Protein chains: 2
Amino acid sequence: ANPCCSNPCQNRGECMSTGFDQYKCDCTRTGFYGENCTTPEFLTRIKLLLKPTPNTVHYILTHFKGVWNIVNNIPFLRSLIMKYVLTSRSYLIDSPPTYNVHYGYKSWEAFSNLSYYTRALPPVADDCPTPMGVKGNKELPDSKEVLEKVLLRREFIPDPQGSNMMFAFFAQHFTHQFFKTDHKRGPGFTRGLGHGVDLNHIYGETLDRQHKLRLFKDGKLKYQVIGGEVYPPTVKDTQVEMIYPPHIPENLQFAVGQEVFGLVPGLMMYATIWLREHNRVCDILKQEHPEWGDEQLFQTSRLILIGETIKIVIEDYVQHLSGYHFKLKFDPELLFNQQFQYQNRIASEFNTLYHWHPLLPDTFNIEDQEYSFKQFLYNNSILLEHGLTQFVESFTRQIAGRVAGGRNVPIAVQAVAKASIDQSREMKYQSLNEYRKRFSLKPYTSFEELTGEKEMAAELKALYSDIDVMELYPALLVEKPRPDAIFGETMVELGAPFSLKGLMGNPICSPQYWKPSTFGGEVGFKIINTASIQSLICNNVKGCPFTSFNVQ
Amino acid sequence: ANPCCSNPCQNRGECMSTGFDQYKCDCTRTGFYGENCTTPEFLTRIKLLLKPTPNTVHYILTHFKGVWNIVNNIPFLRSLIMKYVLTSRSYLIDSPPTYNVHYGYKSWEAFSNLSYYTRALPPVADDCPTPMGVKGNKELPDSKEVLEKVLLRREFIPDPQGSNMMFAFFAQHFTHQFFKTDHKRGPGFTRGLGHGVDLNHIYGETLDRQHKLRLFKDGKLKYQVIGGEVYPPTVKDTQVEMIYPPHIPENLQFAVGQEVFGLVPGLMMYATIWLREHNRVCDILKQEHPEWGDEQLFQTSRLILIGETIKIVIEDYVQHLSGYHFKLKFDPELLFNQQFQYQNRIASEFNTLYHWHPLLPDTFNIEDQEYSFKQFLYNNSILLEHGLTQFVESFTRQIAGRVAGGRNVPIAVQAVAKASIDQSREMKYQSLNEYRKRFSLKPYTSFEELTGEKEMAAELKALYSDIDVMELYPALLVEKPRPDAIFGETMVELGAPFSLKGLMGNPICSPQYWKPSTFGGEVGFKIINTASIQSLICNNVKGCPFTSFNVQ
Ligand code: HEM
Ligand code: HEM
Ligand SMILES: *[C@@H]1O[C@H](CO)[C@@H](O[C@@H]2O[C@H](CO)[C@@H](O)[C@H](O)[C@H]2NC(C)=O)[C@H](O)[C@H]1NC(C)=O
Ligand SMILES: *[C@@H]1O[C@H](CO)[C@@H](O[C@@H]2O[C@H](CO)[C@@H](O)[C@H](O)[C@H]2NC(C)=O)[C@H](O)[C@H]1NC(C)=O
Ligand SMILES: Cc1cnc(NC(=O)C2=C(O)c3ccccc3S(=O)(=O)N2C)s1
Ligand SMILES: Cc1cnc(NC(=O)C2=C(O)c3ccccc3S(=O)(=O)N2C)s1
Ligand SMILES: CCCCCCCCO[C@@H]1O[C@H](CO)[C@@H](O)[C@H](O)[C@H]1O
Ligand SMILES: *[C@@H]1O[C@H](CO)[C@@H](O)[C@H](O)[C@H]1NC(C)=O
Ligand SMILES: *[C@@H]1O[C@H](CO)[C@@H](O)[C@H](O)[C@H]1NC(C)=O
Ligand SMILES: *[C@@H]1O[C@H](CO)[C@@H](O)[C@H](O)[C@H]1NC(C)=O
Ligand SMILES: *[C@@H]1O[C@H](CO)[C@@H](O)[C@H](O)[C@H]1NC(C)=O
């Protein structure tokens, strides 16, 4: 019924109904005009001939390594390239945010209600003839059928970029501070009201939780010493709610910021490392400021760890997955003379694309042992048995799975991969091609072009009929990877701008925050600016074991 | 004890303790260096020798009528000048925000907790020897004494600028959407989580309250007809909580967005006008979009009214209190190529300086009647008796009281003016001169330079002894006003930046919002852009009576 169901507005034009069977396209500031904002202005014609494709740019960043090695060693040259890539990755995100699962038009409710994930593309209206709007059939192909045919893992396909379990678990741990779906409400709702990197997965979402986690001495978090090693406190000791199955003994119910971090020992490992990191910084700050109270030590350390997190995420985590020869740089100063909004809102699509479950192995290898999922899940005994050092050493050695390329979702979490598909439909996601146009990519003209092969393509062809009906979530997982890369084109081009706004949009990056006195002075500022995944592990894990996000 | 108690760091440098009896100034990006950030850098002396004083600028804006009349009728020039005021007023407010009542240093608690008012200056530390830091006596002079001797009104002092009661009530009605102190928590806490122009004073702070106030047909608000006139609904009809003395009959308990608006017929006047305006826009929108449902009609109307509000606030309200001959202009497009943060946090000091109770007359004059405060307060019968048209005609004629210049606070609200003193101290506000310095104003060298006279001046001298202990709030009401103006220098120079952030920081002013489709097309857009206090009253008040913020 709705005349905007076909999404006729192109180039980010906005559709608005003007009657029961007529629409209008607001082409304001798009660089295009006409009934569907398709005919381009003069200056835009120039842009479209001067800008290279993402793949073109990806090739350059992944080749000419000898050249990039020269760039990386000339500070001013490195800063200027980083400056460019920063601002080029910026025009794509609505900030302040716009739509959400309940609002396909901008509303104050959509802007003001922090309980919703935001939305890169508005939902397909409820009164549309087909799930993707007008194209395709009345009902979408069976999620089970999609899942079993092109997503499930036959045999393990290792990531060619060599991502390890330190990478996979860091990904899960890091992202789960802002991907926290409130299932009571629905899939388009979040419990992470910070909408970014606030480290609530360490400190708790609410004040009441943070206080129960706090020692209230020297600014530290409560902790216990098992054997001679520092571990999170228990639920029994702190009364902070954690999600554990009932058969788990009270002495193994470790209590941390995020309620769900008992699920995986790989999560608990990072929670443990970061807990030690917080208290280590507390000692450093106390030594610098013997006049400080508990509250200021706690607050300042938190700001520093927020800083370390952003640093490590950009210069180690994203550095690895990007595969770029260019050496990325965390430096808020690069934005101080640029137009940029120091705020962020977590997009539902960011959450959806970040379901990187194929990363997981069939078994978890920690020294001698090979644990299955059922042995691993909710088992913190394993962390105690092997200790932090063995965990880091083992995780650094174990290869993770490829995400794109299709058929790599471990069977153990098949219900999750299915849920991602159904909840995407439930939230009325537009099609894959709709999202590609929205992030300035050319739409796939066939299923074979998407996969880069033939068997999965034909398998999808018979399910979806039309390529413009292909769904976003299954696509990125089945998408033809870049050469020897973990991710395909759509994954990177969607995830990058979302991620940037997450890290860079943090208030500590704003000019009035990014100064030494914010962070207790020069030594605290130095902690943020010299942080790395290796230093994080080296300062808090006994023996200073080597680590990286890739297999050596 | 705290070595930063004396506020040693100048030019917006940040003080930090480096021990028990030592400190350090963070001069980052201040344009100054040295121990106390006082010796200017080279480029800084230029700026200092090239910028005029606020008084110099105010002079030029309030004189040369003839020249401004030419500028006003050259859209190019007018727009160019507006852009320049817009930016010259936007380097003063910390955005994202920083300090609050509980945090004299930056912390994640102060940033993320939306229940606090933010603070333009950090609070004086608790362990400081004196309320102002180190200057003055152990205890501040009796607030009752300061109240009586320099604040309370002897006889009514009219505003030379000719501000009327339409202005006074508009100031009270408008600002009370973002000045909503949660007295359960303390004076440093707000109930206005939107922290700006969200029109919650019409639609309610929460969803539950909003839905109770809605008619759920044609996007409209609930209302009743008394006589032949449209009034807000009642408490029995909507079940929304209102504040009313127990003797108020049920049929007079009017339910509006702000729970306190039933205490003043003046407030109830604007609540009624704005309620009518919303429903009016619903009629227009439904006509344009017969295919739209109740929800979209309501949300779009709300966005349009927010826009109308900002438009009227800038070009009528602020236009009048400014006294500028230059025609101010509401145009978000003027910021699009500038650096500007589309966000806002309501400062405690903005709240304090906006206590304009001297505006209130001794009696409220509606036609033949002259009501006292007792007769006026919580008396909605007065509104029903006379009607809206007469309210408008009368309040347009009645002069408001001068705010600066001392001794003009009506006795009926002496407890209010005193509370502003007590609560300022309770919130550990820094001194007047500190705030002047903070906002690039030269410190007053004597109590007589502050007041411009001698009797109040000496009166304050015997109370505060040193002018560097003069408190912010009483100073604003006792300050030497600009020539025949309602306000003094300090009032305007603190008020402007805060007010700007509040208005222009609204999300509807962001590039992605400021377009026709956001407001239902060119027609809804046109309602914002042609809005005025006169058209607001003309469209919604029977007989379309003349109105302005100035006595004719
Ligand atoms: C042993 C390892 C893992 C297990 C058992 C697991 C299992 C699950 C389950 C059951 C859910 C749905 C829970 C719910 O919605 O309440 C989920 C969601 C999710 N998973 Fe995993 N997962 C694992 C590893 C990972 C990894 C390595 C990533 C890397 C990015 C990841 C990304 C996500 C994301 C982004 C969500 C959505 C979370 C939300 O919105 O609340 N997971 N996972
Ligand atoms: C008949 C007229 C008025 C009366 C009886 C009145 C009375 C009061 C009272 C009793 C309070 C304290 C409320 C509380 O502590 O809970 C207050 C606060 C305040 N007043 Fe007024 N006032 C009037 C007019 C005005 C006007 C014309 C302005 C112009 C700006 C104004 C500005 C304010 C502000 C900004 C607050 C702080 C509000 C908050 O934080 O909740 N008032 N007034
Ligand atoms: C915003 O800050 C306020 C002030 O601390 C927080 O309020 C307190 O909450 C704790 C329990 O969590 C109570 O014990 C205190 O009495 C509260 N303070 C009061 C009543 O002034 C509030 O929790 C913060 N808001 C959020 C959302 O964290
Ligand atoms: C954000 O929007 C959600 C969705 O409407 C609101 O949740 C509804 O709130 C009402 C109360 O007014 C409840 O009756 C419903 O059960 C809620 N629905 C869902 C799906 O949760 C929520 O109240 C809004 N948040 C704010 C702060 O206004
Ligand atoms: C699946 C993902 C693909 N890409 C990701 N993120 C980036 O590509 C990305 C960042 O996250 C980012 C962070 C800080 C500054 C700049 C960048 S980036 O240029 O957007 N880029 C590498 S996540
Ligand atoms: C007591 C007050 C004194 N001044 C006030 N506000 C202004 O002076 C002011 C605005 O509020 C504002 C609004 C929108 C755009 C620009 C301006 S302003 O230049 O900061 N100015 C007149 S409030
Ligand atoms: C209007 C109510 C006046 C408050 C009563 C206390 C007055 C004490 O104050 C005195 O009042 C006189 C009156 O103008 C002034 O001449 C004095 O300077 C002042 O000190
Ligand atoms: C605009 O889109 C409609 C609907 O998809 C299509 O039928 C029409 O041909 C397009 N018109 C123009 C001028 O591009
Ligand atoms: C949990 O892990 C421990 C590791 O010591 C293992 O012995 C045990 O079998 C596991 N429990 C389950 C239920 O798999
Ligand atoms: C800096 O300020 C302190 C505190 O007011 C003062 O004692 C000191 O003399 C100042 N130092 C300089 C170099 O101005
Ligand atoms: C209420 O207002 C009426 C006029 O409508 C007035 O006569 C009466 O005195 C007022 N009530 C009080 C308690 O002052």
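Proteins get letters first, then strands, A, B, ... in listed order; numbering begins at 1 in each. Remember, it's 1-based here, ligands and their atoms both numbered in the order they're listed. Any value given below was found using the heavy atoms of this structure, including those in side chains, with hydrogens, waters and symmetry copies removed.
Among the options meloxicam, tegaserod, oxaprozin, althiazide, the match for ligand 5 is meloxicam. The chain that meloxicam (ligand 5) touches most here appears in the PDB entry under the name Prostaglandin G/H synthase 2. Taking 4.0 Å as the heavy-atom limit, the other chains contacting meloxicam (ligand 5) are A. Using a 4.0 angstrom heavy-atom cutoff, A:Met82 counts as in contact with meloxicam (ligand 5). Atoms of meloxicam (ligand 5) lying under 4.0 Å from any heavy atom of A:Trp356, numbered from 1 in the order shown and given with element: 1 (C).
The shortest separation from a heavy atom of A:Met504 to meloxicam (ligand 5) is not under 4.0 Å, leaving the residue out of contact. Nearest-heavy-atom check against atom 15 (C) of meloxicam (ligand 5) across A:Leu86, A:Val492, A:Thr490 picks out A:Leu86. Within the 4.0 angstrom cut-off, atom 11 (O) of meloxicam (ligand 5) has one or more protein heavy-atom neighbours.
Checking UniProt active-site residues of chain A against meloxicam (ligand 5), the nearest one by heavy atoms (to 1 Å) is A:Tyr354, 5 Å. Closest protein heavy atom to atom 13 (C) of meloxicam (ligand 5): A:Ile314 CG1, 4.0 Å. Considering both main-chain and side-chain atoms, A:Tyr354 never comes within under 3.5 Å of meloxicam (ligand 5) through any nitrogen or oxygen pair. The shortest contact between atom 2 (C) of meloxicam (ligand 5) and any protein heavy atom is with A:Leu321 CD1, 3.9 Å. UniProt's substrate-binding annotation for chain A and the heavy-atom shell under 4.0 Å around meloxicam (ligand 5) share A:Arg89. Nearest to atom 22 (C) of meloxicam (ligand 5) among the protein's heavy atoms is A:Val318 CG1, 3.4 Å. Atom 19 (O) of meloxicam (ligand 5) has as its closest protein heavy atom A:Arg89 CG, 3.8 Å. Counting only non-hydrogen atoms, the option in A:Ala496, A:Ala404, A:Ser90, A:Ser322 that gets closest to atom 5 (C) of meloxicam (ligand 5) is A:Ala496. The contact set between meloxicam (ligand 5) and A:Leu328, taken as ligand atoms under 4.0 Å from a residue heavy atom, comprises 22 (C).
Using a 4.0 Å heavy-atom cut-off, the binding site of meloxicam (ligand 5) is formed by A:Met82, A:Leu86, A:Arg89, A:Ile314, A:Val318, A:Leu321, A:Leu328, A:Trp356, A:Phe487, A:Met491, A:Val492, A:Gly495, A:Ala496, A:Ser499, A:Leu500.
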If you look at each N/O of meloxicam (ligand 5), which protein N/O atoms lie under 3.5 Å away, and at what distance?
unit_1: meloxicam (ligand 5); atom_1: 11 (O); unit_2: A:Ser499; atom_2: OG; d: 2.5
unit_1: meloxicam (ligand 5); atom_1: 20 (O); unit_2: A:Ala496; atom_2: O; d: 3.2

